[PDB]
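Before any comments, here is the structure.
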Amino acid sequence: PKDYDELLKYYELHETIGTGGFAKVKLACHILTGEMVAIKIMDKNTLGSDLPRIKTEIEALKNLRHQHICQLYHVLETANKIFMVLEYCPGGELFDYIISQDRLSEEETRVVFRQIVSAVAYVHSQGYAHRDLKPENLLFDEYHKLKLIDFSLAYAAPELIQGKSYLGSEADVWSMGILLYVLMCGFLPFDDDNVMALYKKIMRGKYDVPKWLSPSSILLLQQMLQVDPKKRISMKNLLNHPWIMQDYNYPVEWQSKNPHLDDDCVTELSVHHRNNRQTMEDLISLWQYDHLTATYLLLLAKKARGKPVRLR
Ligand SMILES: CCNC(=O)C#Cc1ccc2c(c1)NC(=O)/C2=C(\Nc1ccc(CN(C)C)cc1)c1ccccc1
């Protein structure tokens, strides 16, 4: 209805995949590269008074450039809509994975968990928090690598639950502790059939420790699942934790391996736009999160996954 016209120059829309909170999520294809993307759609009239909060939050997400975070490619604002185009993760949720395998071994949990820690550390290093860590918000890519999305009650920290002020970073550590327990046990540490009983169990902080957990596992859970947020392990101490280090002998590399422009991607854009190299480089370097940014980031992802850097 005219809000979709600009978008439909660049993307072919596939199926809705998520009628989430404030935003519809559609699957789509970027025409020029033929790459699948996820498109978050919001209506500006129903955001109303929140429209500035969101526009500002969108600017924070532009800086989230990290191998274990789903990347933002394109922001398009029309008269009535905001469209956000995001990195597609075909592998589905970690939630699905844990159900299929029942529970992960300590060794496999460790591989999974270092990736989460990696991304969460990066987020906190930029002065942000995720605030909603759970297996539904962690996706696998085609190489079985984890990507964080969506910047529930079972994973929420005691202070958050009481409606007190809370530090995002501290709440993220509690939530990762619940994630850790779920990965290794195959079930929640705190569960109940009504909200009040659940809230109470979370506040009391007592949970069962299954007899298959290693002493090292038990200890790391005890450092993360501390009802008093002050008593919780710091990010610093988590990246170099003994359990984290087991079978690896180096700490979690959390800093972004993502950049300087990639010469193959620039070449292919210069060819397509019939430009000099230096002209394309200047234009890409504006980083407007327009169609050019989108195409560039999608070629950079074809490269990163070994594919050829080509436009149609
Ligand atoms: C900038 C920081 N990042 C963000 O804020 C973000 C994000 C975000 C959110 C969601 C997705 C994403 C990125 N990429 C994706 O591929 C997403 C979805 N993929 C997805 C859906 C269905 C199947 C199942 N198929 C078989 C239909 C697979 C895959 C997805 C959509 C809705 C719910 C769960 C996942």
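Residue numbers count from 1 along this sequence. Recorded method for this deposit: X-ray crystallography, 2.2 Å. As the structure lists them, so they are numbered: ligands from 1, and atoms in each ligand from 1.
Present at ligand 1 is the drug BI 847325. Within 4.5 Å of BI 847325, most heavy-atom pairs belong to the chain that the PDB entry identifies as Maternal embryonic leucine zipper kinase. Heavy-atom contacts of BI 847325 within 4.0 Å involve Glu15, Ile17, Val25, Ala38, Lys40, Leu61, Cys70, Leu86, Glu87, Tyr88, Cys89, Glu93, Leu139, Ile149, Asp150, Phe151. Covalent status of BI 847325: not bonded to any chain.
Summary of contacts: the protein heavy atom closest to atom 21 (C) of BI 847325 is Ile17 CD1, 3.9 Å. Listed in the PDB entry as the source organism of chain A is Homo sapiens.
From the protein, the heavy atom lying nearest to atom 3 (N) of BI 847325 is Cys70 O, 3.2 Å. Atom 18 (C) of BI 847325 has as its closest protein heavy atom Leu139 CD1, 4.0 Å. Within 4.0 Å of atom 16 (O) of BI 847325, at least one protein heavy atom is present. For atom 1 (C) of BI 847325, the nearest protein heavy atom lies closer than 4.0 Å. Among residues UniProt marks as active site in chain A, the one closest to BI 847325, with its least heavy-atom distance rounded to 1 Å, is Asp132, 11 Å. Annotation: atom 29 (C) of BI 847325 to nearest protein heavy atom, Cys89 O, 3.5 Å. At the shortest separation from atom 13 (C) of BI 847325 among protein heavy atoms lies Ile149 CG2, 3.5 Å. Mapped onto UniProt domains, the residues of chain A touching BI 847325 mostly lie in Protein kinase. Residues of chain A that UniProt annotates as binding ATP and that have a non-hydrogen atom under 4.0 Å from BI 847325: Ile17, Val25, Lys40. Atoms of BI 847325 found under 4.0 Å from any heavy atom of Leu86, numbered from 1 in the order shown, are 1 (C), 3 (N), 4 (C), 6 (C). Of all protein heavy atoms, the one closest to atom 27 (C) of BI 847325 is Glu15 OE2, 3.9 Å. Of all protein heavy atoms, the one lying nearest to atom 5 (O) of BI 847325 is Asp150 N, 3.7 Å. Among protein heavy atoms, atom 12 (C) of BI 847325 sits closest to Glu87 O, 3.7 Å.
Residue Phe151 approaches BI 847325 through these ligand atoms, each under 4.0 Å from one of its heavy atoms: 2 (C), 5 (O).
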